[PDB]
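Below is Lactotransferrin with atenolol bound.
In order, the residues displayed for chain A correspond to 342-676, 681-686 in the PDB entry numbering, which applies throughout. If you check the header, you will see the structure was determined by X-ray crystallography, 2.2 Å. Note that these values count all heavy atoms, side chains included, but never hydrogens, waters or copies made by symmetry. Order of appearance sets the numbers: ligands from 1, and atoms from 1 within every ligand.
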Amino acid sequence: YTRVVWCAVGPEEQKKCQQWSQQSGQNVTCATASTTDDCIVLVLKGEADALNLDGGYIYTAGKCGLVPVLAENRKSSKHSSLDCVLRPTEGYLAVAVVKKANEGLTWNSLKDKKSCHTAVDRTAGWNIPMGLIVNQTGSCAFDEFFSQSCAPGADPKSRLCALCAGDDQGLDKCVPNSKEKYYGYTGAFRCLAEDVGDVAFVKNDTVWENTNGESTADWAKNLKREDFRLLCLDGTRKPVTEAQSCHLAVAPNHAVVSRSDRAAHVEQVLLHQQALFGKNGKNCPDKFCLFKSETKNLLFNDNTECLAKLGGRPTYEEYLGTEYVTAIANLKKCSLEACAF
Ligand SMILES: *[C@@H]1O[C@H](CO)[C@@H](O[C@@H]2O[C@H](CO)[C@@H](O[C@@H]3O[C@H](CO)[C@@H](O)[C@H](O)[C@@H]3O)[C@H](O)[C@H]2NC(C)=O)[C@H](O)[C@H]1NC(C)=O
Ligand SMILES: CC(C)NC[C@@H](O)COc1ccc(CC(N)=O)cc1
Ligand SMILES: *[C@@H]1O[C@H](CO)[C@@H](O)[C@H](O)[C@H]1NC(C)=O
Ligand SMILES: [Fe+3]
Ligand SMILES: [Zn+2]
Ligand SMILES: [Zn+2]
């Protein structure tokens, strides 16, 4: 009965979640929805207890009263001593990526180009880039900036969805879940890698994990780090090893959210679950690995070492940071006291 109902987004996260449930002796059970927003609603209704969310969704969930519980903690070895779970999270680097061979393409020449986004409302693939575009362009017409784009979650008949491919059967075009071929970090990077788009708004870690043999996936096997360039905000182009000096912003780590009244219980269960299926987990990579899904980032990002405790008992605004929270407000004025359901 001290069971947590996780919310899976899409049928792939659903399959993984059921695997995790089977392996957990049903201490973790699953609910599934077609979109992250839908999953947030199941949580709000009390039909689900939690899910891991990108910062852009943390904001949406936050206005509706959901709270940050644990955050993804990546592999970084500085802040050396502390165990991952107590280690402060460092946020990730949102970057704008292009093909090297696409010479001359700079932040300054993006208008009317083809773009690849993780999804609408996500931090690196949308809020940061479009916030900057809107900032600099003076206009709220961010649907008219790129000639065509794949921005999962936008209107399927609009140009913002024109580049999306849907699933293997061409169905679910532009849906904001993994069925969409160009969804999320990897999908958006694939959109760029296959030259469907001119630029991809992902994070620094995405380019590395999908190049120089790190993938084995058909589309990425032959990808070489040198064939890509990051677009700095000053107009220059740098190699992807220069992310620390050429990025659009550092994003708050994806984090697990739940209803305030269920947070403590979710925190508790989760810590026990990762001890079992986490990075050094008791049953991983033997029975089941929570943070692994063949580089598809299902439920959690695949580069997650562990889920770490937060700190000054973070409200959702403190977790995202004032800088980021203001940015989203300024961007969504284009579409404070809110929620949306
Ligand atoms: C797009 O819209 C505006 C363009 O200026 C940006 O919003 C502004 O962001 C600044 C920087 O974070 C905010 O300044 C802050 O002010 C408080 C006190 O007012 C201060 O304590 C902080 O240290 C900081 O200086 C400013 O409030 C905010 N402007 C408005 C009208 O809300 C926004 O960041 C731009 N979007 C992106 C993604 O850059
Ligand atoms: C307003 C007062 C001072 N509270 C600040 C507070 O609760 C801040 O929250 C946080 C959240 C997350 C992080 C990142 C980190 N490295 O721990 C740092 C600080
Ligand atoms: C389920 O959770 C309980 C409560 O903490 C724990 O004692 C038990 O080991 C877990 N069962 C399985 C099969 O993991
Ligand atoms: Fe993200
Ligand atoms: Zn920076
Ligand atoms: Zn606080």
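- In this structure, the ligands or chains belonging to atenolol are ligand 2.
- For atenolol, the residues with any heavy atom closer than 4.0 Å are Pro429, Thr430, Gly653, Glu659.
- Counting protein heavy atoms only, atom 1 (C) of atenolol is closest to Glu659 OE2, 3.6 Å.
- When only non-hydrogen protein atoms are considered, atom 16 (N) of atenolol lies nearest to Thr430 O, 2.8 Å.
- The presence of a protein heavy atom under 4.0 Å from atom 5 (C) of atenolol is confirmed.
- For atenolol, other ligands and ions under 4.0 Å: ligand 6 (zinc ion).
- Looking only at heavy atoms of the protein, atom 17 (O) of atenolol is closest to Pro429 CB, 3.6 Å.
- Counting atoms of atenolol from 1 in the listed order, those under 4.0 Å from a heavy atom of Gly653 are 7 (O).
- For atom 14 (C) of atenolol, the protein comes within 4.0 Å by at least one heavy atom.
- Lab note: contacts of chain A with atenolol map mostly to UniProt domain Transferrin-like 2.
- For atom 11 (C) of atenolol, the nearest protein heavy atom is under 4.0 Å away.
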